[PDB]
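Record below includes aminocaproic acid.
As listed: the chains are lettered in turn, A, B, ..., one for each sequence line. The numbers used for chain A are those of the PDB entry, and the residues that appear cover 5-52, 57-392, in sequence. Using the numbering of the PDB entry, the residues shown for chain B are 5-52, 57-392, in order. Numbering of ligands and ligand atoms starts at 1, following listing order.
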There are 2 protein chains.
Amino acid sequence: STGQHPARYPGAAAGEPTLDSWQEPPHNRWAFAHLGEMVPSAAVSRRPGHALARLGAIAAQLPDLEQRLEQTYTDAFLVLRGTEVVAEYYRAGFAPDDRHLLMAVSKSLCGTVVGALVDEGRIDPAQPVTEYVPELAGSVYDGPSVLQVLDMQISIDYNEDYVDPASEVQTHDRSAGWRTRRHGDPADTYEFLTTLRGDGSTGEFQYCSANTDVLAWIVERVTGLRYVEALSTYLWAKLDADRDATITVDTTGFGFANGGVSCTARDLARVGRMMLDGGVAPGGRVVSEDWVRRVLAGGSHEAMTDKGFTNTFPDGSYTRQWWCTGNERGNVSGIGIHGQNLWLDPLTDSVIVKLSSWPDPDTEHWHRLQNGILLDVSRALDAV
Amino acid sequence: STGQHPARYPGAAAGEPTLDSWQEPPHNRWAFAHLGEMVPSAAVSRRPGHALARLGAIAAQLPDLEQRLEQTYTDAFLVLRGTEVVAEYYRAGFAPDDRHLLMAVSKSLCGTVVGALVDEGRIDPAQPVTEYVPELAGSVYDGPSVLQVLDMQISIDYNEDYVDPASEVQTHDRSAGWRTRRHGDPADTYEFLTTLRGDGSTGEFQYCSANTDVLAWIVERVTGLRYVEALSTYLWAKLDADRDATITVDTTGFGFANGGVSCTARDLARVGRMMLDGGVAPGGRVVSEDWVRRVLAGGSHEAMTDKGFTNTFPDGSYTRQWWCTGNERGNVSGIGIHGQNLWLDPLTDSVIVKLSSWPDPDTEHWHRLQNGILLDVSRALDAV
Ligand SMILES: NCCCCCC(=O)O
Ligand SMILES: NCCCCCC(=O)O
Ligand code: NA
Ligand code: NA
């Protein structure tokens, strides 16, 4: 029993519709207008072959930039300095307005939605997760605070080894529809989360994608809105974005908050712009000045024991779904496997978006190359 | 063995990627930019409750029109007289730019793509299906001509009883991903089509959705393009449409040509405009003047023995994926279950689009009400 969840549509029964009932009334009225949410679908282009490189000024400072982008399997790259796009790159086959999977950069967007609700006083990070999701009692989420979920400081028996077929990460994917279901798997993401356990210890950073989905669940319970709608209402609809974003959903219509969002590079940059603007977007304030300040300030350094991060960023940390480098530039970034970054460079009031498709999800090699590019581009923006 | 099929992406192996391999290289580069084709996904609106009724002039002639539209579960309704939108209606909850499933109206779009290839001489309707799809040898499609598929004049052991769980129509849905798979089901739509049989007779009309998917298969073999791309290249991209259309795809990426297309009402009207313009669209000629003339002329009346159609349209017929009323106005229409119509009224140079969600897929009751509305609106457009 996972309790009350936002109906797929007004008046919809729990879990309706399913792949086998969407053609039946009363579900069909909603389904006929949102079939992509039920069945895999392709776009039939309204528009009738080569990479687009417009690395503007930074090109002079970084002559081999395009080659470096190709070497890191770059699909879309965009640099926003202030309110101006000063550099752009799109691989052959990927249009400037095409959307790209954000993977874990999605987490930073979810944390933003949580921050908005904290500002409204609908969520108190000091409160235990169970204050909002009682059904998580008896699980590893029984005891920890919402802030500990936000900062990922909960010890959990969860193997985030993507390529490993036995890990909890694969089960998470199967429960959400990212992979084929196996007999006995949890029915949906909510159920999967309730199966998680840990030794009860907290305080130390442990990257776990389940944490973000718990945040999305909390968002749904406090607002009564499907996470998909909450993500739009509290964030996307206030960005004056060029295109809607998309998010994969499981069989109940629950969005894969931890990593299923897709959007254009230019629109993702609008999220960064909002962060550098103290939490304000064209459509209104998204989060408070305080929330943004706390994100830029970083999390507890002592909690950050991930050498995969500290080897490059010794004074790094993590807080509210954002990775904080703690470097001399105060860089903070949303990160997603296979090379996704929503990189903030407050010094130059710039945002760097890099959406890629490395063959591997996470290796020292790829991160070394990628971070080298992000840091070089950031420095190229400094006054000289 | 169903032979060669267009790769999901350049260089992709047969059937790749699958739900279990899209995160792996080299598939991920394509998948990260088209995840909706692999996993059900929802739109995250970039925009921040009541029906919109703008029945313009025809309102005076049809005072109870809005109520009649509500009674027929109308989601979107649009009347294009010449090049001008003279009447519009959208139910509460459905925006003017929202897309709606077309069901079998999709068939008329597929027939249009076939017509384009006939004009190019890449398809000869007189040729047997096996001339283009040899793998269909041994099936009910071994012997009939492409034109017989176009006109649906092939006797097939296929129960098109949607609500019936044992029918071939349900198996068709499961093979394409519209319903949950059962153990033993064909792997994809191509395989399903090869399992179809019949007594060998032809000449009499038999509405069968499998026919359209065979047409789409032929389209792929003659062009080398995924049907999804062919639908864009030969039709959608030439309409100067406001939005892309979408089409559900099966596990191989094959579009559900017989009924999985979704688009806005205004854009669907552009297809009708093209038909009334002799086959020409803003982006170029879609089909020949001759093809359009043949569609408007109708098919063999003797072949049309469907009382569900002839009771209302005694001189009606069917040809090239279009229903021809044979009425005094020469009305022709694309039709899809649950109330979808792309209705052509050549007399007034008008197109009527009605996208609905009747609780039932097909009953005399709903068709009586729906046709009454389409005919009344058509007559309201006559000069007086
Ligand atoms: N389990 C699917 C991948 C989720 C995203 C994880 C990440 O980007 O770190
Ligand atoms: N088997 C799914 C429905 C296909 C559309 C059929 C029709 O609209 O006539
Ligand atoms: Na806040
Ligand atoms: Na033609």
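- The ligands or chains attributed to aminocaproic acid are ligands 1 and 2.
- Short version: main partner of aminocaproic acid (ligand 2), named per the PDB entry, is 6-aminohexanoate-dimer hydrolase.
- At a heavy-atom cut-off of 4.0 Å, other chains contacting aminocaproic acid (ligand 2): B.
- In this structure, residues within 4.0 Å of aminocaproic acid (ligand 2) (heavy atoms) are B:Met111, B:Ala112, B:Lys115, B:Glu168, B:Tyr170, B:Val177, B:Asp181, B:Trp186, B:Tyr215, B:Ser217, B:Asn266, B:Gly344, B:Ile345.
- Distances below 4.0 Å separate heavy atoms of B:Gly344 from the following atoms of aminocaproic acid (ligand 2): 8 (O).
- Scanning all protein heavy atoms for the shortest distance to atom 1 (N) of aminocaproic acid (ligand 2) gives B:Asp181 OD1, 2.8 Å.
- Nearest protein heavy-atom contact of atom 6 (C) of aminocaproic acid (ligand 2) is B:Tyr170 OH, 3.4 Å.
- For aminocaproic acid (ligand 2), one of its N or O atoms has an N or O atom of B:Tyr215 under 3.5 Å away.
- Among protein heavy atoms, atom 4 (C) of aminocaproic acid (ligand 2) sits closest to B:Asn266 OD1, 3.3 Å.
- The N/O atoms of B:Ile345, backbone and side chain alike, include one that comes under 3.5 Å of an N/O atom in aminocaproic acid (ligand 2).
- Between B:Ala112 and aminocaproic acid (ligand 2), at least one pair of N/O atoms sits closer than 3.5 Å.
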